[PDB]
Engineer: 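For discussion: a PDB structure holding tiopronin.
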Amino acid sequence: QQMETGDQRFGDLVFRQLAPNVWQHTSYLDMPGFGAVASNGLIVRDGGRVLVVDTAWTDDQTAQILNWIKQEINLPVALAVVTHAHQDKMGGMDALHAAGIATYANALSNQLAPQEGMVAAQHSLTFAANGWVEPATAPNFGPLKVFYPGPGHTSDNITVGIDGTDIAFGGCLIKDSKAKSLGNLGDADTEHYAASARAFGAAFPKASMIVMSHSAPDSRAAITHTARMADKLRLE
Ligand SMILES: C[C@H](S)C(=O)NCC(=O)O
Ligand SMILES: [Zn+2]
Ligand SMILES: [Zn+2]
């Protein structure tokens with residue numbers, strides 16, 4: 001079902017295409033106590049296979065994503081990468097595993113997952129001192145370039161860039177350019193957030209479209225605005 005802003009709504013989910021081979025999947029959870037909070041992930045068509053970034057809030061919603069891919073793209077999903085251990089990102093792991101999809105996550109995310117009430121991914125990504133993922137730990141990721149910017153939204157948020165496009169996924173590290181706060185600061189590293197935000201921008205300097213978890217895709221203005229807000233917080 002197409003809407004005003006060019007977003008196709010598919011059941012309780014919403015899908016928007018960002019590039020010839022990149023879609024953004026959006027799911028909603030009526031959050032206690034807040035309201036209906038949106039969460040964004042990515043779907044990437046890489047040849048004869050599909051790559052998924054982040055699940056939905058629930059197993060059923062993630063299964064709905066899988067149905068959409070089967071219906072709209074019709075290609076086997078090779079792998080999934082989840083960006084950190086919160087429900088909006090890892091709430092539908094069982095749906096992926098029941099579908100036989102190999103799942104990947106930061107080793108710290110997999111370690112933190114039980115405490116965060118999550119199901120861990122099946123494989124662990126580790127990272128070099130400069131932030132880039134060990135290539136041996138992220139095999140055949142195609143156009144996906146995974147980067148750990150340091151502690152920000154959580155101690156474990158990783159970010160993904162997509163080769164061939166100008167799209168980088170900041171996840172819940174980056175907020176939009178009109179955000180007046182940084183949101184859920186429960187697991188946040190207020191001391192290193194700003195550094196992490198700028199590190200992300202430096203990792204993908206040629207990315208002009210920044211996709212984030214809870215807002216529509218923004219420009220690089222979101223990165224500098226986030227880091228600026230993170231500075232204000234750190235300076236008390
Ligand atoms: C404000 C934060 S980033 C949110 O929307 N959800 C946090 C969570 O999924 O646990
Ligand atoms: Zn989170
Ligand atoms: Zn979140």
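Numbering starts at 1 and runs along the sequence shown. If you check the header, you will see the structure was determined by X-ray crystallography, 2.6 Å. Indexing begins at 1, ligand by ligand and atom by atom, following the structure's order.
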Engineer: Where exactly can tiopronin be seen in this structure?
Structural biologist: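 That would be ligand 1.
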Engineer: Tell me which macromolecule has the most close contacts with tiopronin (ligand 1), using the naming in the PDB entry.
Structural biologist: beta-lactamase NDM-1
Engineer: Binding site of tiopronin (ligand 1): which residues fall under 4.0 Å, heavy atoms only?
Structural biologist: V37, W57, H86, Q87, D88, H153, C172, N184, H214
Engineer: Starting from atom 3 (S) of tiopronin (ligand 1), which protein heavy atom do you reach first, and at what distance in Å?
Structural biologist: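 Protein heavy atom with the smallest distance to atom 3 (S) of tiopronin (ligand 1): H214 NE2, 3.1 Å.
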Engineer: Name the closest protein heavy atom to atom 6 (N) of tiopronin (ligand 1), giving the residue it belongs to and the distance to 0.1 Å.
Structural biologist: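 Nearest protein contact, heavy atoms only, for atom 6 (N) of tiopronin (ligand 1) is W57 CH2, 3.9 Å.
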Engineer: To check your reading of the model: name the closest protein heavy atom to atom 2 (C) of tiopronin (ligand 1), its residue, and the distance in Å.
Structural biologist: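 Protein heavy atom at minimum distance: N184 CB, 3.6 Å.
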Engineer: Test your reading of the structure: does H153 have an N or O sitting under 3.5 Å from an N or O of tiopronin (ligand 1)?
Structural biologist: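 No; every N/O pair is 3.5 Å or more apart.
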Engineer: Other ligands and ions under 4.0 Å from tiopronin (ligand 1): which ones?
Structural biologist: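 Below the cut-off I see ligand 3 (zinc ion).
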Engineer: Which of the numbered atoms in tiopronin (ligand 1) are under 4.0 angstrom from any heavy atom belonging to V37?
Structural biologist: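 Every atom of tiopronin (ligand 1) under 4.0 Å from some heavy atom of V37: 5 (O).
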Engineer: How far is atom 9 (O) of tiopronin (ligand 1) from its nearest protein heavy atom, and which residue and atom name does that atom have?
Structural biologist: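 I find the closest protein heavy atom is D88 OD1, 3.0 Å.
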Engineer: Is tiopronin (ligand 1) close to any UniProt-listed substrate-binding residue of chain A, that is, with a heavy atom under 4.0 Å, and which ones?
Structural biologist: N184
Engineer: Where does tiopronin (ligand 1) share space with the UniProt Zn(2+)-binding residues of chain A, that is, which have a heavy atom under 4.0 Å from it?
Structural biologist: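 By heavy-atom distance, the UniProt-listed hits: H86, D88, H153, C172, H214.
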